[PDB]
Amino acid sequence: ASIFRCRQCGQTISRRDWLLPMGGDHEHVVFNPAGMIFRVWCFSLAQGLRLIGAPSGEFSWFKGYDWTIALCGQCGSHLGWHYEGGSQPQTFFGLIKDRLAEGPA
Ligand SMILES: O=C1CC[C@H](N2C(=O)c3ccccc3C2=O)C(=O)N1
Ligand SMILES: [Zn+2]
């Protein structure tokens, strides 16, 4: 249990070693304006995503960061968001925990 893959298709996405404690915890539970709850795991790094459009600050869960939707680059599943335009770190990924599968490298 060291790498994270897209639950829907198996695309390689991230690694346990790349988890990022933002504000003291890599896990943040948040809601969007439609009331959907997301258990977000922050990672310093991810791969195999497709980042959609240009960044927006609207409703951002992380102060100082603008977001872009991150889809699985293979199957198009919404896996989370890429955050940028902030400070220490400038960028990171917030991925929806239950949309990933964890397993051996
Ligand atoms: O940091 C974030 C990422 C974007 C996220 N987001 C949503 O998941 C969403 C769904 C529908 C309409 C508008 C939004 C919105 O800004 C949100 O609420 N905060
Ligand atoms: Zn996928």
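Residue numbers start at 1 and run along the sequence shown. Whatever order the structure lists them in is the order used to number ligands and atoms, beginning at 1.
- From 5-fluorocytosine, R-econazole, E7820, S-thalidomide, LY354740, the name that belongs at ligand 1 is S-thalidomide.
- Here, the chain sharing the greatest number of close atom pairs with S-thalidomide (ligand 1) is referred to in the PDB entry as Cereblon isoform 4.
- In terms of N/O distances under 3.5 Å, S-thalidomide (ligand 1) is not approached by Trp81.
- Considering only non-hydrogen protein atoms, atom 10 (C) of S-thalidomide (ligand 1) sits nearest to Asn32 ND2, 3.5 Å.
- Counting only heavy atoms, the protein never gets under 4.0 Å from atom 12 (C) of S-thalidomide (ligand 1).
- Under 4.0 angstrom from S-thalidomide (ligand 1), the non-hydrogen atoms of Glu58 all belong to its backbone.
- Per-atom contact check: atom 3 (C) of S-thalidomide (ligand 1) touches the protein, criterion being a heavy-atom distance below 4.0 Å.
- Between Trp67 and S-thalidomide (ligand 1), not a single N/O pair is under 3.5 Å apart.
- Of the N or O atoms in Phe59, one or more lie within a sub-3.5 Å distance of an N or O in S-thalidomide (ligand 1).
- Within 4.0 Å of S-thalidomide (ligand 1), judged by non-hydrogen atoms, the site holds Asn32, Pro33, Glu58, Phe59, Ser60, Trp61, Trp67, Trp81, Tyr83.
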